[PDB]
Amino acid sequence: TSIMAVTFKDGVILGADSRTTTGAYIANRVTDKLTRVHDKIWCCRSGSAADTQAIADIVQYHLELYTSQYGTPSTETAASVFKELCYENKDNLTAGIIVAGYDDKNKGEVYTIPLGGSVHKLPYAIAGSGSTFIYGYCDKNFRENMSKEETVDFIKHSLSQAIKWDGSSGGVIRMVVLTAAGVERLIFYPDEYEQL
Amino acid sequence: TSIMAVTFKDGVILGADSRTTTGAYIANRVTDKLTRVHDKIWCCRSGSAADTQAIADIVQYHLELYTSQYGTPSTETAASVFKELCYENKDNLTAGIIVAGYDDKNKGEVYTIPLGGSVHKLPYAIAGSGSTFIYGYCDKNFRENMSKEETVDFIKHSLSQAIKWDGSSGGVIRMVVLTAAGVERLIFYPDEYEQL
Amino acid sequence: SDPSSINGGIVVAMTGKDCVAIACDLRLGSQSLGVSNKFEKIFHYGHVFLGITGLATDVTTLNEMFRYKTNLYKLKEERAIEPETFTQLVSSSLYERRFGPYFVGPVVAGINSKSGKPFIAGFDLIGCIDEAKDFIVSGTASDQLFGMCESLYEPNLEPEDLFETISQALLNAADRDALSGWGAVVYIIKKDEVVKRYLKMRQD
Amino acid sequence: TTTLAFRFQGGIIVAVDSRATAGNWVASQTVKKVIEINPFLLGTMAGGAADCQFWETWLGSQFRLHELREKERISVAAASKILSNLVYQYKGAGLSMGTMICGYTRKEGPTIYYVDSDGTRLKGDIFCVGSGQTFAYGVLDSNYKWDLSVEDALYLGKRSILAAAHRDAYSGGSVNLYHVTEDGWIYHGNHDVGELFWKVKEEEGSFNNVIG
Amino acid sequence: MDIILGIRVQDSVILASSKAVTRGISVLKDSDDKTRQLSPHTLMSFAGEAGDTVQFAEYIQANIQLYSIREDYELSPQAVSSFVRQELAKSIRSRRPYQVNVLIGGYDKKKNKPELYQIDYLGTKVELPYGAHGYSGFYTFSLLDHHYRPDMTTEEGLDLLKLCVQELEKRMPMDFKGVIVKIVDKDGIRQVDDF
Amino acid sequence: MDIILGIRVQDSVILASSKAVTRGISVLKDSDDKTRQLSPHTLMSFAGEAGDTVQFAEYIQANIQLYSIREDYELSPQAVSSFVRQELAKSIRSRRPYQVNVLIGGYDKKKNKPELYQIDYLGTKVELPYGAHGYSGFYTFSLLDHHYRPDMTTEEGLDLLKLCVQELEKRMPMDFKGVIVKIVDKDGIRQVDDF
Amino acid sequence: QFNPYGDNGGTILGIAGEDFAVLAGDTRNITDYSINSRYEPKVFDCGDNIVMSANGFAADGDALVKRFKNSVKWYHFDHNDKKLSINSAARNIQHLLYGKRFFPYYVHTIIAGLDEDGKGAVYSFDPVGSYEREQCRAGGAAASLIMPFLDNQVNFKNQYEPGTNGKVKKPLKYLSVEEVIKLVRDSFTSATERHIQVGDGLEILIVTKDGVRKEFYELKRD
Amino acid sequence: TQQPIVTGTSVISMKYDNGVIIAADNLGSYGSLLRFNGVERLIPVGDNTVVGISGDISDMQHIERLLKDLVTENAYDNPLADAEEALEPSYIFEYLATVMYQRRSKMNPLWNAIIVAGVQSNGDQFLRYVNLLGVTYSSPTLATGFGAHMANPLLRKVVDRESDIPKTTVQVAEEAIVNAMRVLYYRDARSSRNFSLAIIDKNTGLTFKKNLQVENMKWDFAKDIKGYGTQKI
Amino acid sequence: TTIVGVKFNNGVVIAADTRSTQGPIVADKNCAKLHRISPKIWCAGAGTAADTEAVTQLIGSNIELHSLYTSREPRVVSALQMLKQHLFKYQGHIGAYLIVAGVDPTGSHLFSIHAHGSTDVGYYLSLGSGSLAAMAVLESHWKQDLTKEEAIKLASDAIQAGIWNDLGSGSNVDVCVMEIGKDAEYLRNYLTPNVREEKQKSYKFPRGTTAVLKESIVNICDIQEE
Ligand SMILES: *[B]([O])([O])[C]([C][C]([C])[C])[N]C(=O)[C]([C]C1=[C][C]=[C][C]=[C]1)[N]C(=O)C1=[C]N=[C][C]=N1
Ligand SMILES: *[B]([O])([O])[C]([C][C]([C])[C])[N]C(=O)[C]([C]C1=[C][C]=[C][C]=[C]1)[N]C(=O)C1=[C]N=[C][C]=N1
Ligand SMILES: *[B]([O])([O])[C]([C][C]([C])[C])[N]C(=O)[C]([C]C1=[C][C]=[C][C]=[C]1)[N]C(=O)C1=[C]N=[C][C]=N1
Ligand SMILES: *[B]([O])([O])[C]([C][C]([C])[C])[N]C(=O)[C]([C]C1=[C][C]=[C][C]=[C]1)[N]C(=O)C1=[C]N=[C][C]=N1
Ligand SMILES: [Cl-]
Ligand SMILES: [Cl-]
Ligand SMILES: [Mg+2]
Ligand SMILES: [Mg+2]
């Protein structure tokens with residue numbers, strides 16, 4: 001799995017590959033790892049598919065109930081609910097989740113939640129088995145307050161390399177753009193991103 | 001350990017960090033992992049210090065005896081001797097070696113020898129625990145027929161990132177330039193390469 | 001299971017004014033079963049005394065081995081071996097079985113016949129030499145012996161006073177160990193006389 | 001440990017050693033391995049020091065409550081069964097106990113029950129319990145009769161513990177004697193093995209193997 | 001095998017050894033003689049792992065008989081015991097060690113003294129007035145500590161031995177089917193056919 | 001504990017059970033009665049892990065005695081055996097199962113027939129003419145297969161039982177210190193004091 | 001896998017006199033080959049003229065002392081400020097220890113004080129609660145080094161009177177407080193020399209009818 | 001029972017004449033990967049206490065929330081919350097120490113080593129340690145993990161015993177701490193150059209320094225080191 | 001164990017503590033850890049004590065024979081090479097962890113050796129259980145161009161750090177200075193900061209205190225004449 005989230009001038013963009021593996025067999029080559037817990041709060045999932053789905057489902061429920069009572073939740077609030085599940089059930093879970101969302105007050109925000117259940121607020125975040133191969137690239141190439149087009153290129157190039165080197169990553173590169181304008185889905189096929 | 005060798009227009013350059021670790025304790029912060037098996041055939045060492053030294057010592061002996069009988073050996077020949085030791089003693093060794101050398105006929109050449117004992121001739125090679133974090137960077141930034149100054153910058157930037165992310169890597173960046181002109185040693189200290 | 005504590009036993013050695021003392025218990029057992037109360041652990045080759053604790057078959061084997069080697073030494077050298085030289089011979093002999101060692105805890109004691117200087121030494125099972133000025137301890141109650149010797153000992157004790165000190169060190173250490181006791185022997189050693197005394201102690 | 005108890009004409013003789021060990025280290029030579037449950041009941045201790053102490057002390061509280069409720073001395077049978085039923089609840093948890101419950105009542109006569117942390121409860125005339133039980137059995141079985149005097153019976157018990165104290169590395173220290181009769185138990189002193197061995201050797205002409 | 005005993009009296013050495021051979025759940029034989037004559041005045045009883053016991057005993061027997069013929073002379077019990085100890089002390093650090101414990105009872109015709117040696121499979125030798133291997137000693141040593149007297153006659157030794165066997169038959173779980181008793185003295189070796 | 005036998009003849013059921021109690025290396029007792037009377041015409045012998053055996057037997061005894069008082073009526077051997085089997089079948093899937101094997105010998109006063117049931121610790125019940133638990137059956141079933149006739153008298157049953165015990169004493173390694181024999185018939189339960 | 005136990009080293013020593021009692025212990029605290037503290041008090045005044053120390057795993061040691069101090073407080077509340085006698089304190093500690101029989105306090109406990117006749121008293125416990133009154137007891141890491149020395153120099157074991165040769169024993173004359181403190185200091189100096197976990201400092205608590213006094217002595221810091 | 005995932009290395013500290021100093025680097029490691037470079041591991045409580053934490057970071061964040069909640073709870077129905085009845089270092093420590101030992105006693109520990117540094121109401125210096133086992137101890141100098149092996153030796157040369165505390169100034173003490181942090185960067189494979197330092201003085205109060213770096217490093221001698229023995233070039 | 005090596009202006013110095021330990025017990029309080037390979041090549045050893053002694057003696061012996069064969073003073077690199085190859089062959093099972101130093105016709109040298117056979121070069125080094133305490137001192141106080149007096153001070157201070165802070169080290173400080181163009185001076189017990197205080201009591205017993213069963217003269221002399 002290769003997943004990342006990057007803040008930029010107009011908001012935040014989530015990115016992911018589409019490969020699910022049972023050992024060396026690709027059980028699904030067109031998986032959607034970018035999942036929605038609220039209108040403009042999404043997450044990237046890595047680790048156990050069952051665990052991260054079960055967690056994401058529970059978070060979506062908690063935020064739906066929050067909204068009904070207290071109105072739209074902050075991205076910090078969403079990350080806290082993810083944490084509470086991951087930390088208190090650390091013994092029985094294998095989940096590495098990146099939470100990303102867009103407020104109008106706070107703009108684009110990114111929270112990463114590794115195995116332990118700790119929370120880390122960052123300008124951008126990378127995770128999954130394939131992320132190891134792009135620490136060097138992402139650190140050298142990330143700037144704050146990038147444009148939409150620049151951020152899409154940064155994620156596209158980054159995940160392209162992660163896919164190239166990691167056997168657990170592959171297929172299409174899915175992306176989800178979160179801004180004031182709304183929610184846009186992007187897809188990039190192998191013929192496009194391999195020649196980069 | 002973060003080690004690499006890169007061919008360029010005038011020859012080949014070897015690069016390495018200087019950290020030796022017993023668990024989390026740095027047993028030596030100023031180690032020289034770039035070692036000489038012949039005048040213009042050097043190697044980068046990763047894995048067990050004892051194994052790679054014992055191997056390097058034996059290779060230096062074999063090439064010294066080769067020279068006395070048959071004259072200067074090729075870099076391919078040196079790599080073959082390394083392989084023969086690593087392959088035939090694969091069960092008892094933990095050594096990841098990169099062989100680099102300069103002929104006048106063949107110019108700059110690089111052979112990488114991972115754990116198994118297999119040989120791979122490449123334009124450039126990376127190895128050691130810290131190399132995982134720079135596959136993305138090196139693949140995107142390597143060009144053939146670079147200049148000396150460009151190649152030094154490529155290695156300096158690459159190992160800088162490998163050191164930044166890998167706990168097993170650190171200290172000074174040592175380099176060894178191999179050309180027709182001769183053998184040049186370079187050193188780069190933390191204050192220099194960290195601010196890159 | 002642990003070879004060094006199947007049979008049990010202890011040895012202790014001390015220095016005094018122009019004299020040395022070496023002592024040992026008499027027990028041989030098979031774990032909890034007490035088998036023999038006449039198993040002496042101190043041997044001598046000329047004027048050099050050797051005490052050995054640990055696995056009893058090795059105690060016997062090494063005694064026979066050092067008798068063998070010291071006898072050949074004497075025939076060739078035309079003189080008795082000295083404590084300093086013998087110490088080196090024990091270390092050599094043990095280390096040659098580095099990776100298949102004798103499970104023992106030897107202790108050398110004696111007076112150099114030329115210089116007159118009192119000498120003691122201890123070893124681990126694989127050869128390492130401990131050459132102490134004051135005292136050496138060995139066996140299943142080595143901890144107890146260390147405590148007794150460290151508190152009771154003073155330098156330059158006369159032979160008859162040194163006897164009391166070493167005897168009390170052994171006896172009280174043995175009485176706090178399940179695998180030591182069943183009798184005790186003490187050797188007092190001067191430059192040209194050696195007295196051997198059997199001690200009365202509790203037989204449990 | 002070596003503990004024994006046997007029935008005879010003059011009631012019951014109980015004899016125990018005093019040693020406690022942790023591995024090869026002798027932790028204590030002055031251990032009280034006989035528990036005075038009441039003026040009529042004694043309990044012996046072998047195995048885990050804490051398990052035996054705690055539950056045999058607890059045991060006296062249950063008996064005291066029985067005679068408060070029933071206005072009558074508890075039977076040795078009921079006494080031993082309270083302990084056996086208790087340890088059976090803990091079976092598997094890792095309790096380590098080998099005990100005799102000894103006493104005398106009008107209805108039962110002199111009675112000895114062997115009680116065990118496995119749950120085993122056995123009535124019997126002679127029992128030896130502990131690491132040195134085999135040594136004590138040798139002396140007892142060859143010299144036991146029903147028609148023994150209180151003086152001779154006391155010595156046989158003392159001598160049997162001495163035998164085991166000598167040979168068993170995990171037994172020793174001293175010998176505690178008790179004599180249980182119609183009118184209760186009577187303590188018969190602490191006997192140091194360091195002095196008792198030489199005394200017995202000289203007078204009895206035994207232990208000719210050892211030098212003295 | 002199981003139980004082997006030994007006792008040295010005034011003028012002889014008496015060895016007692018069980019008759020049973022048990023392989024698993026059944027007693028295949030109840031009349032087995034767990035002993036070999038090494039020389040006219042030296043007897044060795046044995047107990048340990050199946051096969052190893054007899055193989056070792058006969059191997060020793062052959063070696064001592066070879067010595068007797070070569071020198072036309074009987075080795076002392078002390079000398080034979082030392083030879084046996086060395087073979088076991090050599091054995092313990094072998095690829096597959098001999099798993100055998102022995103008692104050596106002999107009469108020294110030079111010193112006119114009976115001698116009993118106890119040696120285990122490690123090569124641990126001790127001279128004793130009375131000895132035993134395995135669990136036998138746990139029951140018998142207490143009795144011998146009480147009754148033994150160095151100057152006992154052979155008849156007194158047999159009575160003390162009967163008291164030991166009676167105790168074993170009372171308190172040991174395994175039925176060892178009684179013992180074969182043999183006496184070693186100045187006149188040689190003989191078997192007590194009624195015991 | 002060790003050996004427990006049972007045999008059903010013409011007009012009675014005979015149970016034989018060993019007297020020894022061995023804990024480890026020593027035989028603590030040689031006169032132990034490994035049986036409990038459940039009712040006037042029903043006897044249960046038992047063998048298994050220490051403690052569990054007696055605890056289980058007395059627990060069953062208490063329950064059957066409670067039934068007897070409540071209904072003023074003795075349950076049939078078949079009914080008692082079924083109750084016991086269920087308790088063991090319940091037990092086997094518990095936190096800590098009862099590790100006990102039993103034989104239930106009873107005389108049914110309604111049908112005027114002796115009945116022998118064999119039940120193991122899993123709750124495996126079978127009605128048999130003759131039965132055994134542990135290693136006992138390995139020696140005894142061959143003899144019973146040959147000699148047993150179903151019309152034997154009680155005296156003939158005891159002789160056939162003596163032949164079984166003799167074989168056990170010959171071929172079993174463990175000394176079980178003989179057996180206590182009890183007969184169950186129309187007149188109730190009695191112990192054969194000389195065997 | 002997680003291991004709930006640890007070993008903080010240290011060593012303690014209790015000696016009972018004719019009308020007094022002492023409880024000593026070194027002040028060093030350790031894990032593996034490192035020193036945590038050169039002065040971490042280990043022997044505590046628990047009130048009612050009772051001193052206590054629970055040597056071994058310090059977390060369990062502190063927990064136990066804390067719970068016993070608590071027990072003394074509630075003993076006063078529930079029984080009209082009655083003084084908790086040393087024998088009663090001992091039995092109470094047994095129940096605290098055995099209460100965790102199947103997940104024990106990994107400590108060797110010793111308490112000291114005066115009995116109800118005013119005579120000196122020392123009680124000793126194993127980890128699971130077994131206890132016994134003693135005249136002398138060392139506990140902890142260097143217990144094996146110190147006890148034999150105390151058998152010899154406090155109870156005159158293996159000592160006889162000159163001229164008689166083994167016939168007449170050395171009489172068991174009583175020891176003063178000055179004489180006992182000498183034996184305590186020598187015991188710890190000797191233990192420090194041969195045990196790596198013993199050193200830094202020695203703290204002694206003396207108990208008399210007048211109350212509880214303290215004395216401190218330096219030990220070798222290597 | 002668990003295993004620690006995202007981990008924090010050494011916390012070091014000492015006493016001086018008028019107060020206490022404590023320090024810890026800003027790294028969150030994921031095994032050998034130096035994953036998170038901006039992690040604050042010194043957490044102040046009021047204006048008189050600083051709690052330094054090492055080990056599992058998720059458990060640190062849980063402890064951080066407990067302390068945050070402790071301040072809130074102490075303010076409830078407490079008119080003297082910012083005065084006489086404010087949280088003392090000794091109170092904060094004992095609370096943590098209770099929790100740590102309780103969690104180890106349920107076989108579900110908080111995988112941390114903690115050092116509570118502060119100054120009491122009466123001006124007395126407070127410095128005490130507690131870890132996943134519930135083990136506690138105090139000393140003029142305290143350190144966790146690698147700091148215990150490397151920092152303590154250096155810090156003990158300044159303050160070796162109690163009587164050395166009044167003789168140690170704040171300037172001398174901070175110098176020793178900063179040096180120790182440099183030594184740890186040379187020699188700990190799971191440390192970073194960036195760190196935080198906190199001083200709690202009885203006169204000048206709490207000073208919290210962020211974004212400090214290890215400086216004045218000696219590396220020049222590396223150029224002269226060649227091969228591993230016989231090599232000359 | 002704490003052992004260190006420090007280069008200086010005109011040579012090299014090594015130092016060591018004097019504590020040997022079996023588990024938590026001290027076997028020897030004044031143990032000698034500085035071994036002589038040749039007159040001007042000395043090494044300090046940590047780990048298994050019999051191994052550091054044995055491997056030093058063997059190499060020291062072969063070095064002496066080599067020196068006689070070649071008619072040259074022995075070199076440190078020769079001792080280094082012979083030690084590493086021996087240790088590598090035994091795959092770490094010979095537990096010797098050495099700091100090898102010395103002066104020879106090439107100059108002054110300082111190396112370290114580990115049990116598996118790996119060697120390291122340096123101006124300052126430390127090995128053993130107290131190496132972390134020692135290295136902390138070395139990293140704080142080491143500079144280039146140290147004098148002889150400064151290097152001895154730095155070396156002994158690094159050992160002291162081990163003595164005081166590491167439980168696997170203690171007692172005394174041994175030093176050996178090897179200067180170019182001079183005899184190597186071996187300073188046994190250079191510092192003695194751990195003398196035991198006078199005991200409170202004397203434990204000399206009255207004569208006759210111990211009970212005796214038998215006495216006898218032991219014949220240590222040979223068979224006599226006449
Ligand atoms: B990715 O590779 O981490 C991926 C993300 C997931 C949310 C779809 N995980 C998987 O594919 C996992 C295996 C795995 C691989 C690498 C690291 C951790 C875990 N696969 C599954 O959970 C799975 C596989 N087959 C069927 C169902 N679930
Ligand atoms: B590097 O980190 O791989 C490094 C290269 C070596 C040639 C100096 N290896 C080491 O530092 C190894 C440990 C190791 C770390 C990471 C991967 C593989 C191996 N260290 C040693 O061999 C060593 C450590 N301490 C003393 C001696 N040798
Ligand atoms: B005895 O050996 O059974 C003895 C009786 C006990 C009541 C004092 N037990 C022990 O000595 C046991 C160890 C042991 C030895 C042999 C067999 C079984 C058990 N010792 C302890 O229980 C103990 C208690 N506190 C401190 C040290 N040892
Ligand atoms: B030091 O602590 O590394 C020291 C150096 C040695 C050369 C004196 N090592 C020892 O003291 C070793 C530690 C050790 C213990 C157990 C196994 C292996 C190593 N001790 C001994 O070599 C030793 C122990 N007891 C007797 C003799 N030698
Ligand atoms: Cl999915
Ligand atoms: Cl290297
Ligand atoms: Mg791929
Ligand atoms: Mg069945």
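Letters go in sequence order (proteins before strands), and every chain restarts at 1. When a ligand or atom number is given, it counts from 1 through the structure's own listing order. Contacts are counted only within the shown part of the entry, which is not the complete deposit. Computed over heavy atoms, backbone and side chain alike; hydrogens, waters and symmetry mates excluded.
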Query raised in the report: What is the recorded name of the drug molecule at ligand 2?
Result: bortezomib (bound form)
Query - Binding partner of bortezomib (bound form, ligand 2) (most contacts, the PDB entry) - result: Proteasome subunit beta type-1
Query raised in the report: Which other chains have one or more heavy atoms under 4.0 Å from any atom of bortezomib (bound form, ligand 2)?
Result: B, I
Requested in this report: Give, by chain and number, every residue with a heavy atom within 4.0 Å of bortezomib (bound form, ligand 2).
Outcome: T1(B), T20(B), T21(B), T22(B), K33(B), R45(B), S46(B), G47(B), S48(B), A49(B), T52(B), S168(B), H114(I), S118(I)
Query - chain B: UniProt active-site residue nearest bortezomib (bound form, ligand 2) and heavy-atom distance - result: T1(B), 1 Å
**Report entry** Ligands/ions near bortezomib (bound form, ligand 2) (< 4.0 Å)
**Finding:** ligand 6 (chloride ion)
Requested in this report: Write down the molecule name that the PDB records for chain I.
Outcome: Proteasome subunit beta type-2
Requested in this report: Return only the organism name the entry records for chain B.
Outcome: Saccharomyces cerevisiae
Query raised in the report: Which atom of which residue carries a covalent bond to bortezomib (bound form, ligand 2), or is there none?
Result: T1(B) OG1
